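Some notes on the structure that comes next.
In the text below, chain A, chain B and the rest are named by the order of the sequence lines, each starting its count at 1. For ligands, and for the atoms within them, numbers begin at 1 and follow the listed sequence. Quick note: numbers below take in every heavy atom, side chains included, and nothing from hydrogens, waters or symmetry partners.
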Amino acid sequence: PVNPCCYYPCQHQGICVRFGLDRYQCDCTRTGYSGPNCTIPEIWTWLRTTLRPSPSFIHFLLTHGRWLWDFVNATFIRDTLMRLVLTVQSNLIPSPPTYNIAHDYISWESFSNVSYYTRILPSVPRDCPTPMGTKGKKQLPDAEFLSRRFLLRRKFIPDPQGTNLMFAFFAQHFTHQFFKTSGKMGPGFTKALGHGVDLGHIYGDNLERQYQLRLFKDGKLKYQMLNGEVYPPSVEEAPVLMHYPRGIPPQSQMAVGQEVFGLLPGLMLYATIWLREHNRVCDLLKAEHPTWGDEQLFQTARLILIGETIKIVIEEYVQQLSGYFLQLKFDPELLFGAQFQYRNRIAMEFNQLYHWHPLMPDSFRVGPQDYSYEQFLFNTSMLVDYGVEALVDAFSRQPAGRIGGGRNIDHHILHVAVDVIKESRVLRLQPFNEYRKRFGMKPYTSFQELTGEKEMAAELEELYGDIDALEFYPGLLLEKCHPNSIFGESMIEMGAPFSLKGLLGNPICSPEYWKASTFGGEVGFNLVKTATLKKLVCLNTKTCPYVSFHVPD
Amino acid sequence: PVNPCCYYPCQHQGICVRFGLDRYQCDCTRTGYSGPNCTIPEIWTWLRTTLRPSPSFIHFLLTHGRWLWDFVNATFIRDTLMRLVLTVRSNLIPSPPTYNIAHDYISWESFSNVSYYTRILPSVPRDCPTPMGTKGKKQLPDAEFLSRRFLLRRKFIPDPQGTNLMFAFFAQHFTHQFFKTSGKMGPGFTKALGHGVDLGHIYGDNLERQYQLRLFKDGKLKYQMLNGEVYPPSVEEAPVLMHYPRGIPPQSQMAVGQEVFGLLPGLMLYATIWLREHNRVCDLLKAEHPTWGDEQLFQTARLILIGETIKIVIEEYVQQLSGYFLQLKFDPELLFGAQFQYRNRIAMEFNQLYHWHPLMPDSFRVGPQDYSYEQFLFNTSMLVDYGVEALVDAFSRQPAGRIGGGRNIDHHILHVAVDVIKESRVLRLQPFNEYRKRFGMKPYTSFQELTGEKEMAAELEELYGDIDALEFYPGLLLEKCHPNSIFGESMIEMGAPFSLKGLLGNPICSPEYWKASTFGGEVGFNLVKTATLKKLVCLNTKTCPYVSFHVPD
Ligand SMILES: *[C@@H]1O[C@H](CO)[C@@H](O[C@H]2O[C@H](CO)[C@@H](O[C@@H]3O[C@H](CO[C@H]4O[C@H](CO[C@H]5O[C@H](CO)[C@@H](O)[C@H](O)[C@@H]5O)[C@@H](O)[C@H](O)[C@@H]4O)[C@@H](O)[C@H](O)[C@@H]3O)[C@H](O)[C@H]2NC(C)=O)[C@H](O)[C@H]1NC(C)=O
Ligand code: HEM
Ligand code: HEM
Ligand SMILES: *[C@@H]1O[C@H](CO)[C@@H](O[C@@H]2O[C@H](CO)[C@@H](O[C@@H]3O[C@H](CO)[C@@H](O)[C@H](O)[C@@H]3O)[C@H](O)[C@H]2NC(C)=O)[C@H](O)[C@H]1NC(C)=O
Ligand SMILES: *[C@@H]1O[C@H](CO)[C@@H](O[C@@H]2O[C@H](CO)[C@@H](O[C@H]3O[C@H](CO)[C@@H](O)[C@H](O)[C@@H]3O)[C@H](O)[C@H]2NC(C)=O)[C@H](O)[C@H]1NC(C)=O
Ligand SMILES: *[C@@H]1O[C@H](CO)[C@@H](O[C@H]2O[C@H](CO)[C@@H](O[C@@H]3O[C@H](CO)[C@@H](O)[C@H](O)[C@@H]3O)[C@H](O)[C@H]2NC(C)=O)[C@H](O)[C@H]1NC(C)=O
Ligand SMILES: *[C@@H]1O[C@H](CO)[C@@H](O[C@H]2O[C@H](CO)[C@@H](O)[C@H](O)[C@H]2NC(C)=O)[C@H](O)[C@H]1NC(C)=O
Ligand SMILES: *[C@H]1O[C@H](CO)[C@@H](O[C@H]2O[C@H](CO)[C@@H](O)[C@H](O)[C@H]2NC(C)=O)[C@H](O)[C@H]1NC(C)=O
Ligand SMILES: CCCCCCCCO[C@@H]1O[C@H](CO)[C@@H](O)[C@H](O)[C@H]1O
Ligand SMILES: C[C@@H](C(=O)O)c1ccc(-c2ccccc2)c(F)c1
């Protein structure tokens with residue numbers, strides 16, 4: 001007998017469990033539903049269903065009515081709605097976490113072993129008719145072909161939301177502290193054990209590495225002086241493992257928290273800024289705590305920089321992304337009255353989803369110069385050649401690509417998307433339409449409805465055979481965007497739950513940690529509260545360039 | 001100049017922070033207090049403090065007036081009070097955890113590094129004039145001498161509550177899954193990384209070990225047949241590091257989850273019982289799920305066993321210990337309405353407080369046989385010679401020692417108590433009275449008020465010089481016991497918050513985990529719900545012996 005759970009016979013987050021030889025049952029516990037498949041709603045659930053407006057209608061509300069939102073943001077409604085957005089979206093994410101690559105069920109190993117990525121939906125059972133369940137063709141489409149025909153950039157489609165390369169490199173930097181898939185252990189495993197905003201891309205994902213990067217005086221990180229500017233130290237002074245092209249001299253190899261950050265100037269840019277911010281914070285702490293040792297200075301600066309990161313990510317980063325007329329607000333005290341777990345486990349789906357390579361351009365315009373991919377990648381002098389000011393100015397001015405829509409990944413890095421789709425088959429990620437339901441959306445009935453056009457849809461229909469078969473990452477990047485937006489509804493409705501849970505689930509946001517003393521007092525606490533991208537750069541530079549998550553005007 | 005925080009200025013959980021050269025500031029955030037030392041009470045706090053009766057008064061109501069309690073236990077008031085017990089107790093424990101031996105302040109490293117025990121009060125600063133802060137003598141009293149005079153048994157004092165050796169051994173077994181101090185790392189460090197009821201004393205503290213214990217058939221653990229009965233395998237078959245006396249060969253030594261269980265038959269007794277249960281559960285689980293592989297069977301059996309452990313501990317173990325007339329109840333649903341973090345970190349103070357060596361008798365009686373310590377300690381054949389039935393009957397009939405009150409540790413194991421005090425001093429654990437205040441009690445104003453007598457108190461006053469210099473462990477053990485109880489006011493009021501947070505803070509108690517599917521359905525769920533000490537033994541033995549946490553009549 002075939003595995004019944006492969007029909008995904010249970011709705012609204014019921015758990016399919018195999019009983020006997022050919023039977024299944026569903027645990028509808030606290031899903032709001034009753035019956036064999038969990039399809040009969042309870043009186044409260046039912047009432048909330050008819051009164052629930054569609055995610056599209058709410059997206060419209062958040063992106064329209066300039067007059068209403070000016071009023072809202074200047075009142076308490078701002079706090080009310082922020083609380084609402086925080087609790088409602090985060091709660092889609094389980095906590096404690098549930099499944100992983102090895103276990104499609106709750107276990108003590110899945111709870112304790114942090115080297116695993118987690119998952120929101122279990123893998124597609126191995127003992128089933130099609131690789132995506134029961135629907136679709138015997139074999140899935142070629143990963144290279146799907147990229148070439150649907151994801152490969154022809155002409156450059158800029159972001160209509162005005163997103164720049166200062167954002168793209170921030171996104172890439174930031175996300176790589178909690179996305180470190182391991183090569184040795186394989187797919188579904190991770191090296192970044194903080195599982196969130198620990199800043200291990202600055203300090204290191206292990207103690208040994210951290211100790212090697214630290215000056216062990218004044219709580220500071222090691223640094224070097226090139227042309228009068230403070231840069232991260234050479235590998236000769238901080239002998240940590242760094243991935244540089246073999247043959248490159250060690251004196252030109254810079255050492256930072258994250259191994260891959262030397263391969264791109266944009267990465268090594270932010271690495272410098274944050275390092276330069278860390279030591280600056282030590283200078284402020286030491287002035288008010290002359291008696292504090294090196295360890296106290298270091299550990300307190302880290303917490304201040306963890307706070308600063310989340311403040312900028314929520315109020316500036318997600319702001320630019322969402323395009324919302326709601327002024328987003330970082331205030332942990334909002335959740336102090338609700339049931340919220342201050343813990344987080346990074347999920348493979350969020351890893352898959354955060355592959356935002358369409359942000360990368362055709363070239364890299366720095367002042368009058370234009371730089372090719374072969375001049376930008378691996379170049380180790382560019383950062384020290386131009387300086388922070390000049391590179392931040394150049395990245396804040398150049399537009400970034402539109403993520404959704406399709407055909408917008410520059411040929412140089414298309415291979416990544418190919419491997420993403422490949423990896424999304426070793427992990428046996430459920431089909432896109434199943435995730436639609438998990439994150440509270442209606443499944444698509446056609447490829448037409450998915451893309452909003454006719455041409456590119458009809459070809460996908462022939463390849464996949466069924467919309468119920470469409471894969472996760474292709475689904476996200478081919479779906480029609482919201483009008484004049486950066487990506488589709490699915491990226492928002494699925495991304496944000498993961499995103500917000502990570503930010504607010506950080507221990508520093510808890511009632512226990514969100515105190516003045518935690519950050520060395522009012523001075524440190526205000527540094528978190530008033531943090532800003534512009535301030536992160538311009539307080540650490542000689543001059544102040546144009547710095548923003550969006551192109552001028 | 002003298003460190004201001006040595007005086008412990010900040011009352012009611014306010015945090016002392018050094019500013020400038022000789023100044024300090026208190027962070028009264030969310031303590032309920034205002035002002036420089038956190039002594040000015042807010043409107044609600046004042047109301048709370050005047051209306052709140054003394055701990056001793058509550059202990060009176062809970063331990064008296066049986067007629068009222070018969071009524072209470074058969075009504076919803078049982079659930080109401082239990083919730084109050086759960087929420088008010090656990091609240092006294094920081095979550096996420098605060099400090100460790102390295103940091104007397106909040107740091108990311110303290111949060112991330114699960115190798116550390118946590119702590120509730122910071123250490124006594126090294127620059128303080130006296131070892132305990134500001135009060136007492138330049139040198140503390142000799143640790144060996146303190147044990148001899150005040151902790152060493154003369155005549156045997158049985159626990160007035162009727163507590164038996166079945167309890168005493170359960171305690172030692174149960175606790176040694178989350179008390180595993182690292183000799184190679186030093187005090188303040190731990191090997192038990194599950195930090196609670198993970199059953200890592202049955203399955204081992206690491207994966208490679210767990211794997212060696214497992215049959216890898218039907219989710220079962222390895223075992224061997226002896227005399228027709230089920231016993232843990234030899235090291236020869238399951239090669240794991242076991243701490244046995246030098247000269248005892250691998251075939252002679254048994255393999256279990258905790259490395260030290262071979263040293264005592266009572267400890268190895270429970271290793272057998274819990275192993276039989278695990279394999280017994282797997283048999284039930286396979287009948288319900290024939291299509292299940294080995295891994296899922298093992299992982300589910302682990303959760304059911306964790307379930308049963310928490311059920312028994314709360315409803316029988318804590319019951320006998322507390323001696324309350326309130327029928328204590330295990331139901332995670334009680335907490336589904338309040339703010340509760342399903343996370344736990346073991347504290348060095350919980351470690352220190354659980355050294356319940358007074359429980360151990362002058363000698364061990366097994367029917368008509370009287371075994372001395374030298375016959376009992378490291379016996380390899382006693383378990384197999386007698387069997388489970390016979391030794392459950394034996395330990396259940398023999399009285400255990402009264403824990404508090406003083407002079408009740410057998411000379412054989414008095415060296416343990418010595419080392420606890422010496423370790424405390426390395427750990428730089430705050431005075432006993434400082435811990436009184438932190439667990440909502442008033443400090444003792446004299447040694448007479450502590451002990452409830454004249455002689456022992458006078459000698460202690462001479463040794464310590466002041467009551468505010470009295471140490472944690474000696475304090476807990478020399479305090480006047482509640483009338484007819486096992487220990488005093490402090491062991492309950494300091495032990496309970498750690499204990500209940502450890503049980504209910506287990507992720508299986510979370511609304512995400514607490515459902516039938518987690519335990520393979522209803523059969524597994526009911527095993528947890530109806531779990532019992534008597535059943536744990538008697539369902540795994542040929543005959544039922546006397547089984548209880550108290551002696552007969
Ligand atoms: C949780 O936390 C615990 C406690 O911190 C931690 O314990 C262990 O880890 C730390 C760090 O590994 C150990 O600390 C010791 O640190 C001293 C450092 O002094 C030296 O510093 C300079 C660097 O030394 C050299 O490093 C390498 C290797 O040789 C090389 O590049 C150079 O040669 C370089 O000079 C140097 O000036 C000089 O050598 C100094 O002596 C080390 O000397 C020592 O060897 C340790 O590494 C602790 O000892 C560890 N144990 C304990 C009980 O504290 C855990 O690791 C952590 N757990 C997790 C999961 O993170
Ligand atoms: C020109 C710049 C970029 C280059 C050269 C690049 C290249 C790569 C490469 C080579 C991989 C690993 C592929 C593999 O072996 O599996 C990768 C993965 C990834 N990319 Fe990029 N990419 C770029 C930009 C971005 C941006 C802007 C983002 C947005 C945040 C992003 C997000 C990710 C993520 C989250 C991973 C997976 C990380 C992990 O699991 O270890 N990338 N990219
Ligand atoms: C005759 C039986 C017992 C023996 C032989 C024994 C022996 C020991 C020894 C040798 C240590 C290590 C301390 C040191 O040497 O520094 C220890 C610690 C300890 N004991 Fe016992 N003990 C016994 C009974 C008990 C009981 C009944 C309890 C009650 C629960 C208990 C609780 C503990 C705890 C919690 C520790 C610290 C564990 C750790 O730090 O890893 N012991 N004991
Ligand atoms: C290992 O622990 C075992 C516990 O069984 C010890 O062996 C047992 O020792 C007792 C005496 O202490 C033996 O009792 C003897 O037989 C009868 C009772 O059956 C009794 O009336 C006699 O007076 C006599 O002492 C008991 O039979 C014996 N069991 C076996 C199988 O030999 C042993 O002494 C312990 N090891 C150490 C180092 O003490
Ligand atoms: C490392 O980053 C460098 C940028 O900071 C870059 O070197 C720069 O390359 C440009 C373009 O080739 C040079 O400009 C040259 O070409 C123009 C004509 O297009 C001439 O008018 C100029 O006089 C000049 O010869 C820059 O001079 C050069 N910058 C510096 C400071 O030397 C590298 O491309 C990056 N590294 C690699 C290996 O590609
Ligand atoms: C978190 O989970 C990881 C995967 O379960 C685990 O990695 C390791 O898991 C096992 C056990 O150590 C190893 O599996 C094999 O065991 C067989 C025994 O027959 C050997 O034939 C084989 O050589 C291998 O050792 C894996 O090697 C190993 N890695 C992977 C990717 O599976 C982690 O240890 C665990 N982390 C913690 C902290 O427990
Ligand atoms: C619960 O779901 C199952 C499986 O999806 C339903 O069982 C049927 O589903 C098909 C479409 O309705 C039928 O054609 C099949 O006879 C049967 N298939 C399987 C695999 O069981 C079932 O009807 C659902 N029940 C309810 C009440 O909605
Ligand atoms: C609370 O803080 C300090 C510390 O307990 C209190 O004691 C200070 O002042 C007292 C004189 O009025 C003396 O007891 C001590 O000399 C002094 N202690 C120190 C360490 O300087 C003080 O009374 C309280 N402060 C306030 C503002 O009420
Ligand atoms: C009728 C008896 C009511 C008992 C139920 C209330 C349980 C409160 O338990 C209370 O915990 C507090 C915090 O740890 C302590 O300070 C109190 O002394 C303790 O009794
Ligand atoms: C019933 C409950 C309470 O809060 O009173 C309670 C909870 C825990 C303990 C307890 C105390 C010390 C070690 C282990 C358990 C205890 F003695 C009493």
Exercise for the section: Provide the recorded name of the drug at ligand 10. Expected result: flurbiprofen
Exercise for the section: Report, by its name in UniProt, the chain making the most contacts with flurbiprofen (ligand 10). Expected result: Prostaglandin G/H synthase 1
Practice task
Write down the other chains contacting flurbiprofen (ligand 10), where contact means heavy atoms under 4.0 Å apart.
Solution key: B
Problem - Transmembrane segments of chain B closer than 4.0 Å to flurbiprofen (ligand 10), non-hydrogen, UniProt numbering - result: 4
Handout entry: Ligands or ions near flurbiprofen (ligand 10) (under 4.0 Å)
Key = none
Problem - Closest UniProt-annotated active-site residue of chain B relative to flurbiprofen (ligand 10), heavy atoms to 1 Å - result: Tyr354(B), 3 Å
Problem - Contact residues, flurbiprofen (ligand 10), heavy atoms 4.0 Å - result: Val85(B), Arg89(B), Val318(B), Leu321(B), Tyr324(B), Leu328(B), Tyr354(B), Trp356(B), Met491(B), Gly495(B), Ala496(B), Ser499(B), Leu500(B)
